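Throughout, a chain's letter reflects where its sequence line sits, starting with A, and its residues are numbered from 1. Both ligands and their constituent atoms are indexed starting at 1 by order of listing. These values consider heavy atoms only, across backbone and side chains, with no hydrogens, waters or symmetry-generated copies.
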Amino acid sequence: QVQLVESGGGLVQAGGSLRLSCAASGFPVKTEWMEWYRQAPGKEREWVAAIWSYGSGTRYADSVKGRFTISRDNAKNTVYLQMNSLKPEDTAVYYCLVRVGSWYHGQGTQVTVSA
Amino acid sequence: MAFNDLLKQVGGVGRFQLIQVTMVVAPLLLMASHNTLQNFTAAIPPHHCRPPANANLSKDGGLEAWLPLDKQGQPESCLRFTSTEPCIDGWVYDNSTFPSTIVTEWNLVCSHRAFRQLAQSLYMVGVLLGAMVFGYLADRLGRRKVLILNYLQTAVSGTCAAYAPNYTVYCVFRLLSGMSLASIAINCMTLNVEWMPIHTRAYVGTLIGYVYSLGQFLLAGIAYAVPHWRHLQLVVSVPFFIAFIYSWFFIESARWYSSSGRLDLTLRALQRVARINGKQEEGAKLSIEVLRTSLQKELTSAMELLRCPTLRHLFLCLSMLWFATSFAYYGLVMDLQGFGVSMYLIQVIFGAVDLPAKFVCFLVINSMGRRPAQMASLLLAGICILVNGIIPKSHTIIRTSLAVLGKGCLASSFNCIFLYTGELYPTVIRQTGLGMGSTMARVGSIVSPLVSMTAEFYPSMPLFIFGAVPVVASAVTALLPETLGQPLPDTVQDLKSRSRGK
Ligand SMILES: C[C@H](Cn1cnc2c(N)ncnc21)OCP(=O)(O)O
Ligand SMILES: [Cl-]
């Protein structure tokens with residue numbers, strides 16, 4: 001079986017920065033896709049960002065450019081998120097997805113942007 | 001004293017040789033339109049999985065939650081989220097530019113997307129089957145009768161394909177449409193060249209090419225006017241019906257009539273052609289006793305072609321050339337949706353580029369020769385479409401210009417290979433050689449959709465195969481001798497002497 005456990009939640013004031021990552025097990029992170037989603041309360045799943053395999057490319061959404069940064073590593077076989085200048089509308093539960101239209105999605109982390 | 005003697009005696013420029021020729025070559029416009037139509041009647045519009053009706057779109061934050069996205073900012077065209085799972089509730093197609101296409105009607109997307117190209121493959125299978133079977137039937141039975149039958153079958157198959165309930169019905173009716181269409185295409189040319197003197201065959205060929213280019217123009221315009229596929233197929237097939245209604249005034253081929261060993265009806269046809277031409281004083285002397293005295297010298301296949309080593313080698317080479325040229329040409333023509341620009345404009349440019357390319361190859365063959373023209377045209381076409389395959393979608397104008405140059409190069413290559421096989425094969429087996437070359441060209445046009453079938457592997461590999469084939473053909477056709485000096489061999493003895501004497 002494949003695990004996609006993740007961690008990096010916390011309570012932090014607006015304009016701070018967190019440390020988010022997905023612990024990928026059973027597959028090399030450099031060989032498949034990667035994606036990112038949030039489900040803010042009162043809203044639905046929203047696409048955030050994606051990084052291809054072997055660093056082919058990385059594209060963002062309208063509220064991700066210039067604010068968030070996502071990187072990868074090979075030693076720990078994980079995908080890591082960095083962010084700054086957080087705003088109250090960013091309060092959401094973030095879900096890690098291994099591939100587009102893929103059956104392997106993580107448990108999710110709860111991150112709060114307290115104005 | 002021969003058939004040409006009588007034909008010149010009756011005329012050659014009179015009203016008959018214009019009216020009959022123009023009537024029989026009018027449907028070549030729809031020839032081109034029907035051959036290319038699959039591009040316009042089966043264009044894939046942007047599409048995505050449909051969220052289930054039970055789910056509330058308003059309460060789920062819109063359709064963006066149920067549709068995973070790809071790189072180009074569009075929803076995924078085959079998958080959907082489970083709150084994954086493939087399409088199970090159908091599909092959603094935008095109507096911004098396509099009211100309806102066969103892919104829109106019968107959801108030939110994601111899984112079982114092969115059918116939108118299997119349809120063209122089956123149509124080309126029908127073309128080849130009709131060509132060979134109805135060539136045999138025309139040899140056995142006649143020309144006017146088989147051409148009329150092809151007219152009717154084409155019209156019926158076009159209408160039936162326009163109104164097709166299922167998909168297998170559509171494929172079978174396309175197969176029968178090709179069955180009739182190859183036969184009409186070959187028989188129009190054979191009747192025109194059999195009812196004209198020797199020194200007008202080049203004129204007939206040039207007119208056929210001009211009508212084909214005008215057919216490309218007409219298809220572009222008719223696609224601009226009528227976007228709906230159900231209306232488009234019917235509107236492009238009903239003029240065949242009106243031409244079948246008005247094509248009962250055709251005059252059968254007198255040469256084939258004389259070739260049957262019987263001459264009374266041949267005399268009747270020649271008398272009729274004298275009446276319509278308006279020249280009766282000169283045609284009065286025509287009677288039975290002059291037919292035998294004028295037509296007696298000429299009265300007196302695969303196995304022999306494959307037996308002789310020189311004949312076998314010449315076959316293999318020419319078959320490879322025809323196969324590669326037709327394969328690449330139809331692979332390039334059948335795919336114009338993925339060029340960025342509107343299909344109508346690129347189709348217009350493809351049609352327009354025919355005449356300048358024809359002038360270029362004519363100048364080259366009348367100036368330098370044929371084999372260098374083959375090399376240049378094939379190599380340039382292969383390189384151009386390979387670069388098209390290697391240039392990403394982000395660039396549009398350069399890709400379209402490269403595709404236009406490639407289409408022009410393929411047209412010039414077609415004209416050049418026709419002339420080269422005309423002035424290459426010995427007169428003993430020249431007609432059978434042309435038939436085999438045409439059959440191999442139809443085989444290549446059959447395979448081309450099969451090659452484009454497997455684009456699921458790589459995004460642009462079919463373009464790579466289309467660009468790899470003609471470079472191989474040009475490399476392997478190097479050994480072929482050049483016939484600029486007009487040797488015009490008759491039997492296999494001349495070929496070996498000419499090759500040794502070259
Ligand atoms: C002058 C052309 C030469 N030729 C012979 N075969 C072909 C194919 N398959 N495509 C285009 N052109 C071809 O024939 C008249 P047609 O294509 O059937 O209107
Ligand atoms: Cl043909």
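- Most heavy-atom contacts to ligand 1 in this structure come from the chain listed in UniProt as Solute carrier family 22 member 6.
- The drug or candidate drug modeled at ligand 1 is tenofovir.
- At a heavy-atom cut-off of 4.0 Å, other chains contacting tenofovir (ligand 1): B.
- The UniProt-annotated transmembrane segments of chain B (first at the N terminus) that reach under 4.0 Å from tenofovir (ligand 1) with a heavy atom are 5, 7, 10.
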